[PDB]
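Notes follow the structure.
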Amino acid sequence: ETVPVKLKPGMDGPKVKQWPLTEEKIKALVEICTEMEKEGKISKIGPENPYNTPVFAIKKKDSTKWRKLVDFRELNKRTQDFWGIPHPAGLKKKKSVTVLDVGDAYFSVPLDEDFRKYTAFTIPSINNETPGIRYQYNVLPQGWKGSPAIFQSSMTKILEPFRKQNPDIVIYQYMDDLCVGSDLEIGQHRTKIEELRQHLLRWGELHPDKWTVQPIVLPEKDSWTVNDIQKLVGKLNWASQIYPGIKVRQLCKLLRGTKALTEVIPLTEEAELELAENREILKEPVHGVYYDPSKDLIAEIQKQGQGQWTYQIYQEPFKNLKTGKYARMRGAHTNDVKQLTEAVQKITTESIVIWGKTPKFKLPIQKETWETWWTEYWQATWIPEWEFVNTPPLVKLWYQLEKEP
Amino acid sequence: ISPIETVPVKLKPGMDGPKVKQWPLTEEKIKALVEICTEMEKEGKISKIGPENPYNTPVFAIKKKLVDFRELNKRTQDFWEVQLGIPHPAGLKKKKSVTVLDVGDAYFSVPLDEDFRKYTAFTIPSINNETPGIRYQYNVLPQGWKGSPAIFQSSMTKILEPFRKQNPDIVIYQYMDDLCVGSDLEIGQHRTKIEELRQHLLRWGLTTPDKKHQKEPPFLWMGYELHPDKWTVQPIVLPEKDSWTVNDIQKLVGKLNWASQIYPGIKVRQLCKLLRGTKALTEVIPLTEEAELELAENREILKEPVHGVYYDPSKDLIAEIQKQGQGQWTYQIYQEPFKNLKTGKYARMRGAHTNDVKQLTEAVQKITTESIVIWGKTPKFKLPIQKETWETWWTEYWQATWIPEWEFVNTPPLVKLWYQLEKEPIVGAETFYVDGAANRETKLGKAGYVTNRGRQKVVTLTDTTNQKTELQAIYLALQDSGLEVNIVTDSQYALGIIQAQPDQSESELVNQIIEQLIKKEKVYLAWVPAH
Ligand SMILES: CC(C)=CCOc1cc(NC(=S)c2ccoc2C)ccc1Cl
């Protein structure tokens, strides 16, 4: 049977344009769609339907077989609510998390025949030589927020057995994914997962405890030049927005006179206590920062260069919930966009793992550069939100400072 | 007409059918329409109705050597975008034969969702508004009604599925009232198949056209003439005159701007100059000598035949890009040397501050984006930049940037880095401590410096802004300093520079500083908080 889904009051269906796709990509999608059509999952549609959601194809880390991925971000945002499961604050504590793709379990359930129109999507033709192939869903779509919802009971229903077989293991569900964490060592872990699948199948490596949100560390030297100090002052001065106890008075005094940027200045004991006092303030995360569930989660990223990137997740400015550094993966050496999207997938998963919802990203890339090639390296079932920005020269100089082993 | 499953049409949200009054006409326009409608009435297109229809659309009567649905439409629901992007020659494949069937009034061949038919009611007037008028309605898609192009295509698409299944090696393009049909068969088997399709159509009521109306190669598509083996650019013709109005000069620059794509060398600097301070579209501006000339220098180029070749999937796709000048780029996409599919250029995108490599990055992406639409593939690039300059730049820039598989080609002018701020304070170099200040209200400012070598200066500025003084200070620094300089400033903008090192700006001043930076052997920019 089907349940009556609807749109948030006074909202209309998505009418988002299908961006152009590669041939390789189109061939697969056509291939993939004739099948689901056959299997009755989707049905071609008419011109009297004007809604549309973008689609594309991806190789979910392990393929040759392409996976169909839809961007229901608009639909999701326009779809009524159902007021998922409350976040197991304990998941982020597990020694190791493993993710499972279970969108496959949705086609089973039929979609309200009155909400289907809104799930319309289009397969483009190269050189517009053919009118796009217009389809729509007859079953539950993967990537839509209504799916994991409607399929909740059925889902919860099948996991109890496993849940009751291991209770030292947490099962978290987000969209199409399933986040499974436990403390069993590796072998006893992945054997407990394949074991989990088997069960999961007769129907249809993360380590959170290492995520040491690290500190800021100021440079230490034998002798400091006028320039050395100026740079430090700048950084500290900025950092004073976070730790008001930080002071550069005594240092900004050593900076009296028009001396050579390269000349060396001796640190007064005062400027020394002062510095030493700042080193202390930066020693621990600022007090009072608490996550608000009725507020959006933000993820701002910076390109430090040389394969390096840093990020901060907050809700209120300078009140970071977590900080990190991302280093490119073997292979992405000459691809800024690949490095970036891999970065974003990681952060969004960490975010999900800790707060169970995606953050809205602030990206150091031009909309054009991003939109053109992101899908090329995306591997997640979900798609977070983003906006493109210009990195303030200081924010980068400051975070480039964070500590390393 | 048709045994074709109708499409369910509805009115926009809660609105209701048109009720506009029937425009009054002569005894001559009425008897004309009285003629044509009794015709349609019989063909099975329209249907005489009566007092059971509040709706009404204004029928007019023009003689070609007509019904105004404006309102009915503005009340009709929204359909899916009737194909809005069309093929481009550069992406077409060569065919042996290509026939174009003219499914003209195939509109009046498709049934209109019965229920909706009412809304399309109209009335024939009486001789000077006498007794009741003649009332009718549409049983088929109405020429001019919003939902007809989409509903027609949908239909044509459904109808062709069988044939298309029946012969894959036969490409059929749906467009407007034309079915451009091509193949790689022998002219005989082709001719035979056209008649087969033609008859399939006939099996659904679409009376496809005669020999008289018949269309054949070459075909005019966008700005090209299409031949099945290759295409040619429809020669463009610049008019000659003894009197040029404004419109005259614009419509021209337009045409010329279009040519710039294909044709290389086209210029309109002196031609554009004639629009300066223009009072009215009809004004007559005598062409300067310079304008008379360049106009003459173009006429020539345009008199050059530019033919082209079609897309060959079995061959590679290449793109070469040339920086025609600062901020302008030329590109040509070919598979086999000198046999281009497409070419084109990008107007001097005048940003606020960027550099050549970044600008190259955008041309590259605008292209890639173009390519992916035309070919579902992305070209190999031949770029006038050393792979070192690339690595050197991109690897450090503050923003995610990238360039698909590419290869250098030493086709000057090559794009390079005009300068590079030192990574570390220069030992030895003089150190200018700069400062600019101004009263933002009185716009009166001062800018100057003092160095560790005891050199100082201050200039009083007027009609300036603070950013300008801050920057001027730096300009003076570069002016009064040697080949290697250190510069410390508390300027927020100077901070944007150390991070982006732009080599072109919207600000002439910034430009001057850039010209200075490009001149030094070493420059170190240091920013510091103020006060
Ligand atoms: C779009 C268009 C103008 C089609 C008819 O003109 C030609 C099209 C092709 N090549 C192709 S792939 C083709 C054949 C039928 O429809 C298409 C899109 C080649 C020569 C000409 Cl003259």
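Sequence lines set the chain letters: A, B, ... in the order given, protein chains first and strands last, and positions in each chain run from 1. Numbering of ligands and ligand atoms starts at 1, following listing order.
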Which chain accounts for the largest share of heavy-atom contacts with ligand 1, under its name in the PDB entry?
HIV-1 RT A-chain
For ligand 1, which of the listed compounds (UC-781, PT2385, 5-azacytidine) is correct?
UC-781
Looking at UC-781, which other chains have a heavy atom under 4.0 Å from it, would you say?
B
Within 4.0 Å of UC-781, heavy atoms only, which residues of other chains turn up?
B:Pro87, B:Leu92, B:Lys93, B:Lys95, B:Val98, B:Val171, B:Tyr173, B:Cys180, B:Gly182, B:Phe219, B:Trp221, B:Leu226, B:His227, B:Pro228, B:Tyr310
Is the closest N or O pair between B:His227 and UC-781 shorter than 3.5 Å?
no
In this deposit, what name belongs to chain A?
HIV-1 RT B-chain
Nearest neighbour in protein (non-hydrogen) for atom 2 (C) of UC-781
B:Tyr173 CD2, 4.0 Å
Write out the residue and atom name of the closest protein heavy atom to atom 17 (C) of UC-781, then the distance separating them to 0.1 Å.
B:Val171 CG1, 3.7 Å
Looking only at protein heavy atoms, identify the closest one to atom 22 (Cl) of UC-781 and say how far it is in Å.
B:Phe219 CD1, 3.5 Å
Show me which atoms of UC-781 lie under 4.0 Å from any heavy atom of B:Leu226.
3 (C), 22 (Cl)
Tell me the protein heavy atom at minimum distance from atom 9 (C) of UC-781, and give that distance in Å.
B:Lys93 O, 3.4 Å
So which protein heavy atom does atom 8 (C) of UC-781 come closest to, and at what separation?
B:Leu92 CD1, 3.5 Å
Can you list the atoms of UC-781 that are under 4.0 Å from a heavy atom of B:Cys180?
4 (C), 5 (C), 15 (C), 16 (O)
Looking at the entry, what source organism goes with chain B?
Hiv-1 m:b_hxb2r
Pairs under 3.5 Å, N/O atoms on UC-781 and on the protein: can you put them in a table with the distances?
unit_1: UC-781; atom_1: 10 (N); unit_2: B:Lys93; atom_2: O; d: 2.6

